[PDB]
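Record below includes dolutegravir.
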Amino acid sequence: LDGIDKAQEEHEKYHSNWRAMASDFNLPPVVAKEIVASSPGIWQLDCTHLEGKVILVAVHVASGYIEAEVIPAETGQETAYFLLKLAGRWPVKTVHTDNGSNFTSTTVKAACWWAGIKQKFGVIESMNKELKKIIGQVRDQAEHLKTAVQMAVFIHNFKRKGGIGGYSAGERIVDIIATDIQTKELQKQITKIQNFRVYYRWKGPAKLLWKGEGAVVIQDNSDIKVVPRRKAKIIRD
Amino acid sequence: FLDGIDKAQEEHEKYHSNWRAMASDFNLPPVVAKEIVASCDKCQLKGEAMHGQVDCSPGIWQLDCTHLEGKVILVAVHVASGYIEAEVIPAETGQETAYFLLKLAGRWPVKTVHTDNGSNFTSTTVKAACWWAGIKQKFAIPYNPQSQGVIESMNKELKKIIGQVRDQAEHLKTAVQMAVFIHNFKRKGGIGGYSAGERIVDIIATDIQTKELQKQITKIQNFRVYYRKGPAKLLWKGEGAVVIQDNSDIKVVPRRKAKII
Amino acid sequence: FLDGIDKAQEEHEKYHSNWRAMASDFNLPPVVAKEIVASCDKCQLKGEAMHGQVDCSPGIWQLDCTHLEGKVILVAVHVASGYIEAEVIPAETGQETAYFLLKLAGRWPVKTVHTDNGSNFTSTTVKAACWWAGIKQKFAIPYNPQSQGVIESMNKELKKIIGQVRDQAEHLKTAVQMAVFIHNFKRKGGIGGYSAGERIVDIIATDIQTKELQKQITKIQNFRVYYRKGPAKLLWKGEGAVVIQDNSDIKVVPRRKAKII
Amino acid sequence: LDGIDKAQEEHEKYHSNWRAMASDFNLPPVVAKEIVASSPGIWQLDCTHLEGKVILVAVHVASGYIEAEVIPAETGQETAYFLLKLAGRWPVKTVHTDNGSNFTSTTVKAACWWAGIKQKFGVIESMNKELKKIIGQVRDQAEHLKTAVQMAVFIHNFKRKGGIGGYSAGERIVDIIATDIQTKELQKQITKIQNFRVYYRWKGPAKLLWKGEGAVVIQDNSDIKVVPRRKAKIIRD
Amino acid sequence: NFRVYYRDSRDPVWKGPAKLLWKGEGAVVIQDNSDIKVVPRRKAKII
Amino acid sequence: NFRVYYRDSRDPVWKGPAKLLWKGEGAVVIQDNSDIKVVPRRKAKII
Amino acid sequence: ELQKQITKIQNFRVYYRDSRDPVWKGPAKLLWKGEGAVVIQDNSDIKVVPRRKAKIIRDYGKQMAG
Amino acid sequence: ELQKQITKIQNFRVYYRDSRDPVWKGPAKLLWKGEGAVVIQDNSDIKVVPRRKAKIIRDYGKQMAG
DNA sequence: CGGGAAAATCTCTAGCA
DNA sequence: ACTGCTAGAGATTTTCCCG
DNA sequence: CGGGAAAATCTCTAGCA
DNA sequence: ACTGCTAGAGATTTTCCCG
Ligand SMILES: C[C@@H]1CCO[C@H]2Cn3cc(C(=O)NCc4ccc(F)cc4F)c(=O)c(O)c3C(=O)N12
Ligand SMILES: C[C@@H]1CCO[C@H]2Cn3cc(C(=O)NCc4ccc(F)cc4F)c(=O)c(O)c3C(=O)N12
Ligand SMILES: [Mg+2]
Ligand SMILES: [Mg+2]
Ligand SMILES: [Mg+2]
Ligand SMILES: [Mg+2]
Ligand SMILES: [Zn+2]
Ligand SMILES: [Zn+2]
């Protein structure tokens with residue numbers, strides 16, 4: 001409540017996003033969003049071949065997290081089934097395919113329509129190369145190919161660590177989805193309050209931002225003012 | 001009471017009367033009637049009236065099989081979150097179950113699986129899988145489905161959903177995935193008003209973040225506490241209370257009679 | 001909300017999401033999400049979380065059959081008291097059951113029997129017996145054993161005793177009578193610390209005595225009460241409260257605004 | 001507590017039992033028992049014959065309440081079974097038999113020993129005559145004899161009312177057993193307290209009688225004195 | 001008026017909507033397609 | 001020392017007395033004639 | 001006469017239940033008894049109870065311990 | 001430095017149970033987390049809880065509402 | 001008025017199949 | 001228009017007994 | 001500080017077979 | 001040495017909103 005001006009100065013000086021502001025100055029995130037205003041569901045789907053069997057790989061673009069299963073036939077049914085599975089395990093909003101015959105079937109289209117996925121026809125190929133490398137590294141430890149494929153998916157998602165932080169793809173996908181959940185929660189709050197108008201001290205209508213226990217933060221004429229709760233009236237428009 | 005006790009043992013030996021009846025009829029102290037009933041082997045016919053509580057650590061999964069329309073459905077649940085992975089399988093075999101489990105362990109952090117003693121879960125090939133993935137295997141007490149109450153209730157729930165959406169698929173495997181999707185992302189409640197997918201994300205992310213933060217705090221905040229003893233390692237000071245860990249034993253002591261060095 | 005509602009009905013039609021999920025994702029008032037779920041026929045899959053309560057009038061008996069070691073045991077319980085009459089029978093037939101019931105009605109006051117819908121209890125000959133003895137027949141809701149929870153728990157208890165005393169008889173009918181004896185007279189507890197035999201004596205004697213006493217009081221204490229109405233018949237005055245019966249309707253009114261004539 | 005002297009006078013004047021005293025003067029029954037001090041479990045067992053079948057009748061002597069069942073053979077097994085049944089339905093302390101062959105069997109003796117009944121080898125015959133009368137009255141309403149026997153047992157125990165009060169045998173047996181339960185309860189209380197000695201005001205040991213909420217009734221030198229609780233000490237001897 | 005959804009008799013499949021004809025403590029009487037039933041309230045939902 | 005009476009595994013017959021070897025929250029480990037078992041505390045009585 | 005009768009009628013204990021509570025409420029005093037209803041008094045509170053819900057005893061172990 | 005870290009660690013909510021109570025106790029504040037035990041604070045009461053009994057979230061919907 | 005121990009009450013489970 | 005219950009085991013709270 | 005309504009919490013059940 | 005649980009329905013209590 002007091003750090004609002006400090007936050008405004010910091011943002012004018014460094015162009016900092018709402019997270020770093022609501023973290024360093026202890027502000028409710030709707031207020032930091034107002035100041036700063038004053039991918040996660042994207043997967044790539046491609047089929048690869050290896051020892052005469054079809055491996056249907058899905059990569060989470062933001063993290064490099066891999067879901068691959070050996071399928072029986074490069075048909076539309078096996079791909080629609082793989083896609084329902086993926087959409088039930090992770091939040092999937094958009095798949096990037098390559099206009100192959102199976103990816104364009106009416107079956108996959110009905111699957112995407114049921115699971116609310118959007119279809120859009122380079123990381124996938126490098127990931128196929130890494131997957132094939134690990135599969136060749138662990139082929140002598142399984143009889144069948146599907147087993148070695150899952151061993152490789154495991155090694156890639158959890159036993160290979162890279163990037164800046166030194167994390168693995170599972171850690172990365174969990175961090176990314178967590179941040180994404182936060183984004184939807186914040187947007188839901190903003191959408192919940194953005195239909196209220198506040199009259200304070202009476203002055204003109206103000207965009208409401210927060211409704212704490214001891215104050216009511218608002219925004220009037222592109223400027224943020226804190227008022228005590230009893231000094232203002234909140235109505236829904 | 002020596003007379004009234006012997007007339008009571010002789011009558012219990014015939015009728016196995018409860019302690020109230022032998023207190024009312026032989027004029028006995030309730031403790032003595034209870035000692036009589038408590039020495040009859042034939043009267044020990046009842047167990048405690050409690051329940052245990054299942055482990056709910058972040059890395060424990062409960063697996064079970066369930067049957068529907070003649071097919072076998074293997075199901076896993078993340079205990080802490082309620083997040084499920086199901087899959088229709090060809091047959092309740094150890095091979096298929098070991099496959100399902102390798103997939104799960106590659107898609108999520110699985111530290112421990114808990115199952116009943118079905119032959120597929122106890123097979124030597126599910127054990128080789130768990131050994132490769134570094135999973136700990138916990139087997140229930142036999143014929144105690146309450147040891148797996150989470151997965152067993154999830155069977156209820158999965159079956160309930162599959163019946164709501166059965167007319168939208170043709171095959172059962174499709175409807176099983178539809179139900180896994182609906183449960184993991186389209187049903188909200190429990191701790192945090194979440195869905196199970198959001199909740200597993202929160203649980204796993206919280207585990208990573210808290211591990212990191214506490215690692216840093218302990219690297220920095222390095223002190224020894226003497227209370228009332230040895231140099232107990234400090235854990236948390238605040239609000240006039242001190243929590244320490246003396247010889248791998250965690251206890252809460254007030255700030256008085258506790259010096260920090 | 002007109003936009004958010006239609007996006008919610010379209011999504012429920014596919015996933016049958018619960019009201020919390022449609023409130024969180026389409027920004028809806030919980031009452032509106034609940035109205036959406038409440039109009040989906042496919043989502044009505046659960047009943048209330050209560051239980052009814054069985055009738056426990058002094059003259060109601062619950063009868064059931066139970067099976068042990070290949071024989072049929074007919075059992076009756078007096079609901080108010082817990083007092084049992086059991087008997088091994090040749091076969092679960094209406095003839096045998098009508099016989100058992102004539103015996104019971106001649107040994108005790110039986111006004112009403114309550115049974116499930118087993119074929120022996122619903123036979124036309126058990127009905128002729130009940131009509132001769134002036135018994136009212138009450139049949140449960142089919143496949144609802146909870147309607148007979150008293151007799152069903154008595155099966156538990158009878159079977160439990162028969163197992164304690166089975167090694168003292170040779171035949172099963174002997175052990176059944178031994179168990180009826182032990183239950184009716186050698187087990188104490190419940191209301192009044194009684195045994196079931198003492199308790200049935202107390203219940204029946206109390207019923208007779210209270211009937212007589214109240215008959216006398218009403219013959220003597222004859223008054224009409226006007227409160228707030230008509231000449232309501234007085235029931236009980238005392239402690240500043242008046243209980244009356246206006247047109248077969250019993251109500252408690254304070255002494256104020258109530259004159260006795 | 002105050003009516004103790006009135007009770008003593010009434011008992012010296014009319015020799016009234018402890019019930020009428022503890023009812024008219026509002027006294028705890030142990031006290032009325034002390035003042036007045038200063039069958040229920042008896043059954044008759046006999047077999048009768050009728051249409052070539054054996055009917056085994058039991059009569060409660062005090063009330064005239066009847067238990068009769070047609071039995072298959074006048075053997076010791078059927079009589080031991082009838083006796084276990086009766087002892088499990090009613091409190092049976094002593095049976096009066098007639099030294100017949102079945103009543104003297106080792107089987108009936110073992111039954112009586114298990115059920116704690118005492119065996120002792122005119123009302124039974126008059127009751128057999130009344131039972132036969134009712135059976136002849138209701139024979140046309142049943143096919144078998146056992147059914148008519150139970151119809152007659154019913155009519156006798158509940159539809160025939162006689163005696164002083166105008167009650168039936170079922171009402172009578174319930175009243176008698178109720179009074180008997182009261183007798184055992186009182187005797188149990190007397191046996192529970194008769195091992196205590198009270199010292200009041202200190203005076204010699206006194207037989208304790210009651211331990212109410214506001215007093216302690218005792219009996220010393222064949223005389224009953226009420227003392228307040230704090231003025232006396234209760235010990236167990 | 002009320003809509004009733006019920007589980008009847010060993011059939012684990014919920015049915016309805018039926019008309020509620022009578023509600024007691026413990027059980028309800030409904031009309032499902034001219035077929036009057038009696039259902040325990042543990043096995044019904046009234047809306 | 002304790003005496004344990006227990007219902008083991010689908011057998012509806014209570015057995016014992018066994019020695020208690022270990023008691024946890026939820027279950028106990030007993031020794032019945034050199035045969036170590038693990039029983040849920042819902043299915044045991046310790047004396 | 002009548003007051004004796006009433007004091008007698010109020011010596012019977014009543015155990016009873018409310019329509020959604022499974023536990024039996026402890027002994028109350030009986031004030032009136034009809035065909036359908038029993039009027040009791042539990043802790044200076046005059047409830048009406050349907051007959052099917054009331055267990056009316058006398059408790060003989062109590063009549064005799066005072 | 002360190003006090004930032006501690007204030008962060010105390011923003012995670014904990015749901016937990018006692019060894020004989022089946023219901024999950026509402027959100028407490030996390031003070032310390034070890035391998036076996038979690039130290040919480042529920043209504044100014046510093047309990048120790050075994051890990052197997054604690055569900056440590058962060059509630060994102062609450063965090064983003066203040 | 002204070003503790004200690006025992007009585008009384010309360011809470012909760014399996015089995016009824 | 002009908003309806004879960006009962007008894008034992010352990011935990012927890014009340015009552016009573018002597019100070 | 002007072003009610004009213006809505007949110008939040010609590011209580012309790014079936015099914016898991 | 002391991003362990004009933006989950007989600008919905010209705011009832012009941014809290015909280016919040018404007019006075
Ligand atoms: C041959 C494997 C190994 C050995 O035992 C059998 C038999 N069994 C029986 C049930 C069962 O009785 N469910 C009803 C239930 C009752 C109470 C409760 F708390 C939870 C509940 F689920 C199962 O669920 C189950 O998976 C098995 C099983 O797998 N097996
Ligand atoms: C053919 C007759 C007529 C129609 O129905 C069947 C089947 N049935 C089933 C049970 C039973 O499932 N008992 C377990 C139980 C479960 C819950 C509960 F609250 C009480 C309980 F006793 C009985 O007891 C019983 O007598 C019968 C029976 O007689 N019949
Ligand atoms: Mg299983
Ligand atoms: Mg199972
Ligand atoms: Mg039956
Ligand atoms: Mg039954
Ligand atoms: Zn015994
Ligand atoms: Zn629906």
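Within every chain, numbering begins at 1; the chains are lettered A, B, ... in the order of the sequence lines, protein sequences first and strands thereafter. Recorded method for this deposit: electron microscopy, 2.4 Å. Every number for a ligand or one of its atoms is a count from 1 in the order of the listing. Hydrogens, waters and symmetry mates play no part in the numbers below; they use all other heavy atoms, side chains included.
The structure holds dolutegravir at ligands 1 and 2.
In this complex, the main macromolecule engaging dolutegravir (ligand 1), as named in UniProt, is Gag-Pol polyprotein. The letters of other chains with a heavy atom under 4.0 Å from dolutegravir (ligand 1) are B, K, L. Most residues contacting dolutegravir (ligand 1) in chain B map to the UniProt domain Integrase catalytic.
For dolutegravir (ligand 1), one of its N or O atoms has an N or O atom of B:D116 under 3.5 Å away.
In the vicinity of B:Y143, heavy-atom distances shorter than 4.0 Å reach the dolutegravir (ligand 1) atoms 4 (C), 5 (O). Some N or O of B:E152 is nearer than 3.5 Å to an N or O of dolutegravir (ligand 1), by distance alone.
Listed by number with element, the atoms of dolutegravir (ligand 1) under 4.0 angstrom from any heavy atom of B:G118 are 2 (C), 3 (C). Each of the following atoms of dolutegravir (ligand 1) lies closer than 4.0 Å to a heavy atom of B:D64: 26 (O). Dolutegravir (ligand 1) has no N or O atom lying under 3.5 Å from any N or O atom of B:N117, backbone or side chain.
As modeled, no covalent bond connects dolutegravir (ligand 1) with a chain. Nearby ligands and ions of dolutegravir (ligand 1), counting only those under 4.0 Å: ligand 3 (magnesium ion), ligand 4 (magnesium ion). The name recorded in the entry for DNA chain K is DNA (25-MER).
The residue-level binding site of dolutegravir (ligand 1) (heavy-atom cut-off 4.0 Å) is B:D64, B:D116, B:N117, B:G118, B:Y143, B:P145, B:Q146, B:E152, K:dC16, K:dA17, L:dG4.
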